**Q** 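I have a PDB entry of halofuginone bound to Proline--tRNA ligase; a few questions follow.
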2 protein chains.
Amino acid sequence: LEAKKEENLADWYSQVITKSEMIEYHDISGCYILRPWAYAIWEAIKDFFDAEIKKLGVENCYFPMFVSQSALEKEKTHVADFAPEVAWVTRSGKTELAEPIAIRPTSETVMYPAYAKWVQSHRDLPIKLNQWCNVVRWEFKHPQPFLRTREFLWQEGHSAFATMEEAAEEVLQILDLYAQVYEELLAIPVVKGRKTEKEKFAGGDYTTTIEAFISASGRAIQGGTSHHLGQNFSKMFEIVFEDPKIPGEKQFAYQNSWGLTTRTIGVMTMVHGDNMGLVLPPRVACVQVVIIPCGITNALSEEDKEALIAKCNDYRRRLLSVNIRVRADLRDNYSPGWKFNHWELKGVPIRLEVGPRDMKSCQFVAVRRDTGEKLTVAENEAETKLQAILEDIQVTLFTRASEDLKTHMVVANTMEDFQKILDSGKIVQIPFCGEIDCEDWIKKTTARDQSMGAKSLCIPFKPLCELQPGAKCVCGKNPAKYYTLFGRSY
Amino acid sequence: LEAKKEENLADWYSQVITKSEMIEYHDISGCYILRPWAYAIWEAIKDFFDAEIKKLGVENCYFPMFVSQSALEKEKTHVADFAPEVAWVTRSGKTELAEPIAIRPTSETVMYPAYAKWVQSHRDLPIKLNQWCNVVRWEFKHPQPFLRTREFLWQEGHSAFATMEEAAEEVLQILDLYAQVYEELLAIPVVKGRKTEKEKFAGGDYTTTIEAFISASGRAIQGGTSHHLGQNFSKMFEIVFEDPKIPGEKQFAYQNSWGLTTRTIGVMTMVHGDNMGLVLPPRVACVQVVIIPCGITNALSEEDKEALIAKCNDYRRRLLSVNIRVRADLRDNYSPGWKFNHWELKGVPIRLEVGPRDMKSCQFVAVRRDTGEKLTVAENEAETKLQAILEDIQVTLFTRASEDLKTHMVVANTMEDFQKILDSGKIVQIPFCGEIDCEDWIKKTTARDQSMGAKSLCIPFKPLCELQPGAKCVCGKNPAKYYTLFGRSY
Ligand SMILES: O=C(C[C@H]1NCCC[C@@H]1O)Cn1cnc2cc(Br)c(Cl)cc2c1=O
Ligand SMILES: O=C(C[C@H]1NCCC[C@@H]1O)Cn1cnc2cc(Br)c(Cl)cc2c1=O
Ligand SMILES: [Zn+2]
Ligand SMILES: [Zn+2]
């Protein structure tokens, strides 16, 4: 690794993700190749989430990606600001086509006409459906492998209830899951809260979100979102049912929608990385432990060279049997020292080092990726001790970026504190009125002193300080409705 | 179900797949919605396969879907017959675009430039990679939900070895897996063999395949394919490595590729269906057993109506604990008799019927979907007996369509037998020379008497009869190289 996090972050990231065999650039910019080392992290997230939404009664499915012109345009889901970012299909070979078709940037326009058809009785509710798919949005903005890409993978859930007490409960349930993905797997602490009326999903009553901080840049980033849509789309798409014991009457259904994307892997990179390379949390690594045989020489007995290469498999065998994801790298051509480095770039949590010097002592050595600390372990304790080190790494990585968050997230009550602490490369809870103006304003004000300015992130469900009796927005005109998280974003 | 399999098959299928809540048509023909009842079958296939290729050392990944014009066209992967079936992206919103981009119809053109880059040393081999993704091919041919669709889901593996003994072994390993999917899960017997030089994947040395018979129509269908590519693509894309102990020399890598698609679900439907509806093999059903409470009346004691609805959960609880996938349908608004029918269309293998008459006798009743046979079972035997019935159904469905295959697959040595037995709505092993002509010919000959004519299916690895000393192609000119499976196809 030539570049350094503190110094040229933009380069560091692009070097870490290539040299860890995670990403590979494609002959079309904005598009990237998810190599196995990264995909296994996505698949790890996928396994957890999938397991939890199904406990909630959600079922997976697959809708088409092609949304016809008379669909987006036929309605006004959009919110048509994004309309110049949709790609279009126009010709089948050379032969032109009847109407052009769009590539899904999201799936409301494809799914909701159908929801309308399936909801006949009130009996056909709820309808909770999820899909794991790719989506395509267009961007000329200088692209970036996990955070700013043209095609990406995600998950999008769309549920639809009779009542609102229902819909409401799910929205918060899902956001907790999205938290668990970041806090329990990825070991990334996040801030839960509600979008401002400026920022919330348009065409949807409210919008809960999960925001994480990437100190390295002093910006914060959006993790995943969970929206309550109320009746907006049902009205739009006539998803209606005859009421319960309010006969002859027409009730609109209450809807939700929530998504999480592959930016997770980018955030995970940005947060836990070294100048030594990528670092993975034990919960998501393809390989929790790598077993490398070291201490091999040109004239090492040939019957010894197969005691080593066999001792290694005993660890491999024993660890696999306690569901530790272990590879033994028994490759003849690379050095040991080469391997040490290779698996360090990739960020494998523990390196299990096996030398004959240690074999003699019926023992072995384990190296933590995060701290670098070596430990010498008895062969009869490989399971308990290594499982423990895996748990202790997860904690460390989490109880680091969280202390790193607490330093970098503070309250400021004047506007003059807020421009100092923001330029201090941090993020701030301020008193805020809520009006779009004293936000729409705030951006321009902060941008004049900073190459851009503070955005609202979320309105913390649990803000740092409680608000005091008379208290005013940073503007100085209106009173403060709620402490509100602001910062420069991604 | 109004239509009937024997009578209007084209309608039967379209009714079965809608009324079993599997498929839902979209505002663009050729495109369909995979509802949960179907997707869970795809996901079941996915779970099995994924588990097996990983034992083989394959790793999953995700390449982009956008293949640039200077890629397909830059090379000649194609085999350009299919070129007028590729969709194209041309505008980002209204703004036109630099060059147009294609939607992946397959991924050789996207993956192989990269394979070239990753294979530097000979050390970087093998490279076995898989991806589960959607692909888009265009068709005006009257579409059909699982068998003839424009967008579909599949899996595509692309491996790349130094030697050919390697590549060769995998091709056959994979085809056995594809067999297992059809024979062990889907309970559909298939015929293993090699494509003819007419039919094989172009741009690839040979092509093993799996062919299944859909009696209902007298046609056969392609299950999945596994190709050996040898050196064609490496040469094309310069995937090269310095040789082992043949220094200073340039070796091309040997490649494979293999795919399986969502047509599986269509074949599964076509093969096992009733006029009573879809039928699922226990190995893939979202719901192996449905628990329905029956024998409820208007004036049934309220404390009895909760002994029933509780007895049901005891079965639910006990079955879930032996990994039987069970739903208890406790819905208050539908009749019992309505439920019986609903879950019959969906093809749930067993209906677990709970009535108080049986509760009195501390017992219950189970109905097989395939045969219709009812059985009365002790409450202390619910696990062993139901698991057994699930196993016995799988077998039945398999040892049915297999006897149905043996009737409908026969040998014919003259050409005059072959035109009779083919028009008998069956498929035939004939003596065949191999020349494209005496195949290219065979189609036109059979088409003049039949609304189209026999195609080669495969060249059985284990043909019905052995060939006799002097023996000639059905044409009568050349000698027969091998018994070869022919028939009308899909
Ligand atoms: O992504 C969304 C809408 C919903 N999609 C499913 C997950 C929950 C989420 O609120 C917001 N969004 C974001 N970007 C977009 C870009 C384009 Br282009 C279009 Cl057409 C539409 C959108 C767009 O609708
Ligand atoms: O699907 C293939 C090529 C390979 N894809 C991966 C699985 C193994 C398989 O042999 C054959 N095929 C089939 N249909 C096609 C349609 C179009 Br359009 C194009 Cl460009 C290309 C193709 C095309 O290459
Ligand atoms: Zn204000
Ligand atoms: Zn011939």
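Chains are lettered A, B, ... in the order of the sequence lines. In chain A, numbers come from the PDB entry; the residues present are 16-465, 473-512, in order. Chain B is numbered as in the PDB entry, which gives 16-465, 473-512 for the residues shown. Note that ligands are numbered from 1 as they come in the structure, with each ligand's atoms numbered from 1 the same way. Keep in mind that the numbers below use all heavy atoms, side chains included, and drop hydrogens, waters and symmetry copies.
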**Q** Please list the parts of the model that make up halofuginone.
**A**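 It corresponds to ligands 1 and 2.
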**Q** Just wondering, which other chains does a 4.0 Å heavy-atom cut-off pick up around halofuginone (ligand 2)?
**A**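 The other chains in heavy-atom contact are B.
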**Q** Which residues that UniProt lists as binding ATP in chain B have a heavy atom under 4.0 Å from halofuginone (ligand 2)?
**A**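 I count these UniProt residues with a non-hydrogen atom in range: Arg152(B).
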**Q** What is the organism of chain B, as given by the entry?
**A**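 According to the entry, Homo sapiens.
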**Q** For halofuginone (ligand 2), which residues in other chains have any heavy atom nearer than 4.0 Å?
**A**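 The heavy-atom site around halofuginone (ligand 2) is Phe97(B), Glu100(B), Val101(B), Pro120(B), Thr121(B), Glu123(B), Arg152(B), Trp169(B), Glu171(B), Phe216(B), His242(B), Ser272(B), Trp273(B), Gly274(B).
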